[PDB]
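Drug zoledronic acid bound to macromolecule Farnesyl pyrophosphate synthase.
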Protein chains: 2
Amino acid sequence: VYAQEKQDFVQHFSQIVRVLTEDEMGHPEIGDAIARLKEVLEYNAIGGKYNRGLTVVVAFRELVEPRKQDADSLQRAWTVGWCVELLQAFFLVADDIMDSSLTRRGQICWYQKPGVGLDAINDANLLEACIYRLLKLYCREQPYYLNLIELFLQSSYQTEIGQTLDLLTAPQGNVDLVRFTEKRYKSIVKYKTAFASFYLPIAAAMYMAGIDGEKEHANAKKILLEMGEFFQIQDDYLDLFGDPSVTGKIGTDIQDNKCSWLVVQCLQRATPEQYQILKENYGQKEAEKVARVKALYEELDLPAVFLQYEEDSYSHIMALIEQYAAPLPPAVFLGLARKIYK
Amino acid sequence: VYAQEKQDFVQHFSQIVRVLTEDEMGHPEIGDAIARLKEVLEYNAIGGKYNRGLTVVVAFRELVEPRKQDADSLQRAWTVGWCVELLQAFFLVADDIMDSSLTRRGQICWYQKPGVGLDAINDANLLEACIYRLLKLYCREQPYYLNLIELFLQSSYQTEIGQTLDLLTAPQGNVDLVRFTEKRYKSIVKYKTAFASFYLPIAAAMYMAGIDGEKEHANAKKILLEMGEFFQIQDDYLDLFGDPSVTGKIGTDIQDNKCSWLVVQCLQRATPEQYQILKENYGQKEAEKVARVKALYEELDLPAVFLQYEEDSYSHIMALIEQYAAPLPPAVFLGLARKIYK
Ligand SMILES: O=P(O)(O)C(O)(Cn1ccnc1)P(=O)(O)O
Ligand SMILES: O=P(O)(O)C(O)(Cn1ccnc1)P(=O)(O)O
Ligand SMILES: [Mg+2]
Ligand SMILES: [Mg+2]
Ligand SMILES: [Mg+2]
Ligand SMILES: [Mg+2]
Ligand SMILES: [Mg+2]
Ligand SMILES: [Mg+2]
């Protein structure tokens, strides 16, 4: 049933590509650039969970009266959903380079491809351009047009501030254990993930449904930002303890000296002895040293600490839904929470 | 006199930075990210010619009635001028990485700096965010607000398509002499430079003056796109024949197998013998091979061919100003042409 709503949305990706590559119908000079764009979209916006873009569609259907859910209104809903998918695609293409990653979504990272390399920096910028190209082609004559443009622009800046904080707390070749606090961690994830992966899709659907009130968005934000914090903590857990055949990506957080939730929890439980083991093995490419950190996390029963956090966080998010979902259907936040909590 | 209009605009960069880094006044958690933003702006938006942003200010003063040139209207003019400077800054930070450059504006490229590296990909994205942050803070309640947003978004996409075409015609380790044509060359530069360096600043001033007519913009475009084509040809000439103490940047076009104006002209004049010399020495990091290409360009009197092109192009642009400047003051295009033709 949830895979059926997924399949309908996925079947629309062909048209999304068709309208984004129809610029060569009038301008054949930019043909090769248009062909390369199709290649970038096909490689980086397909093979994922589609949970971010699908949230836009699900939330639209739950917030708009079926009497106002015509064919054009629905096409605008899946198109904006696919704009959210492009925002993630563009930020992940860049993230894989800056995180020096190997795989994403079951295949090697776009930049690791022979013949691509650092040309992927411009490929990511092209993916970002498509958001605003689609918003113009489908929402240009809608009352929420500017609200959508500003929400995608603001969400991008918040992610970028978050990415800056992520990279400044993780300098390659520097011991940053002192700076790996819970307070720092909470600030990083609020900006790098919680805004663009959780607030952006529901807020886009809210603007498309005519719900533009600062109070309604502020109350939605209270739930979704906390949901985003958990989602990033889960991403950090699975970076080391997940199955790359399931996650589709190889972990790099220990090697990259990252301010992971795991290392924050490690520093809160580590003896003076265990603090030095971490200090000497964290942030290095050596497989021997990465293994020593994974062993220390397992000694401090961090996979168990995570299972307890997930239970406590689900109860917390649920408490916030009861407090702030109104006047929106609780199903809006409940639907996404069920899909996020495994 | 032209340096006086420059100095006033430059003196406003301090406030541009102050308003872009006042986000930590309310949110001290993102402080370190805000400090890094200030560092990126200070390093990459200062030390240039400021000719792109200054064109916005000059064109505003020439198109708006002095009776309507109040303090607020003028602040919006220098702020939009500085938005054009941020668009160039963000595209050049990325370009230096993809072109594997050494210096820009007298100093080493932002990415070549110890401790920066590929973190500069996110630094470039932050520079792009500031355009829309400034447009919101100063033009949000203006009738041209959406026109500006759409003009900067469209200009970015056109540059990106251009950058794609630039990089696809220049694959590292591949002989692309066959593809280095005048027709290809004209398409690359139209998109990578002519739109964002020439059309964007005058069009921004036109929208701010209330001139939004498609016919007026189409006629402006006819002049400015041709002006941009010459500016890129000049940039390609100076890549090899310019003085890095003047240009502030080291040439990489031969090493990068680029579709330069020089190599297009070389292929039009080269004997079968000279074609093979180029084939064996172009696109390689070897200083010996780069030198062999420079020698062949000098043998075919390409610095003389350039001097003839500059004369013919200036007469051409001047012919187009007489044909399409009306109903705008000819000074608008004449001012920029004098500043571009050396
Ligand atoms: O762990 P990251 O923050 O780097 C990641 O979650 C991506 N990302 C980037 C910003 N927010 C999330 P991914 O593990 O997918 O590589
Ligand atoms: O020669 P490029 O096109 O790479 C350059 O002109 C920059 N640029 C990039 C797009 N348009 C212009 P620069 O020589 O400054 O490195
Ligand atoms: Mg990553
Ligand atoms: Mg990352
Ligand atoms: Mg991760
Ligand atoms: Mg360059
Ligand atoms: Mg370049
Ligand atoms: Mg150049």
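In what follows, chains are A, B, ... by sequence order, proteins preceding strands, each numbered from 1. Atoms within each ligand, like the ligands themselves, are counted from 1 in listed order. Values below: all heavy atoms of this structure, side chains included; hydrogens, waters and symmetry mates excluded.
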Please list the parts of the model that make up zoledronic acid. ligands 1 and 2
Identify all other chains that place a heavy atom less than 4.0 Å from zoledronic acid (ligand 1). A
If you measure every N or O of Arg104(A) against every N or O of zoledronic acid (ligand 1), does any of those distances drop under 3.5 Å? yes
Wondering about overlap here: which UniProt-listed Mg(2+)-binding residues of chain A have a non-hydrogen atom under 4.0 Å from zoledronic acid (ligand 1)? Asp95(A), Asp99(A)
So if I count the atoms of zoledronic acid (ligand 1) from 1 in the order they appear, which ones are less than 4.0 Å from some heavy atom of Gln232(A)? 1 (O), 3 (O), 6 (O), 12 (C)
Covalent connection: zoledronic acid (ligand 1): none
N/O of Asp99(A) under 3.5 Å from N/O of zoledronic acid (ligand 1), yes or no? yes
Could you establish whether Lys258(A) and zoledronic acid (ligand 1) come within less than 4.0 Å of each other, counting only heavy atoms on the residue side? no
Compute the shortest N/O to N/O distance between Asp253(A) and zoledronic acid (ligand 1) and return yes if it is under 3.5 Å, no if not. no
With a heavy-atom distance limit of 4.0 Å, tell me whether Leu92(A) approaches zoledronic acid (ligand 1) through its side chain, its backbone, both, or neither. side chain
Which dimethylallyl diphosphate-binding residues annotated in UniProt for chain A have heavy atoms under 4.0 Å from zoledronic acid (ligand 1)? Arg104(A), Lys192(A), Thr193(A), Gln232(A), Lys249(A)
Hey, are there any other ligands or ions sitting under 4.0 Å from zoledronic acid (ligand 1)? ligand 3 (magnesium ion), ligand 4 (magnesium ion), ligand 5 (magnesium ion)
Find all residues with any heavy atom less than 4.0 Å from an atom of zoledronic acid (ligand 1). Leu92(A), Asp95(A), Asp99(A), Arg104(A), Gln163(A), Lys192(A), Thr193(A), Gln232(A), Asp235(A), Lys249(A)
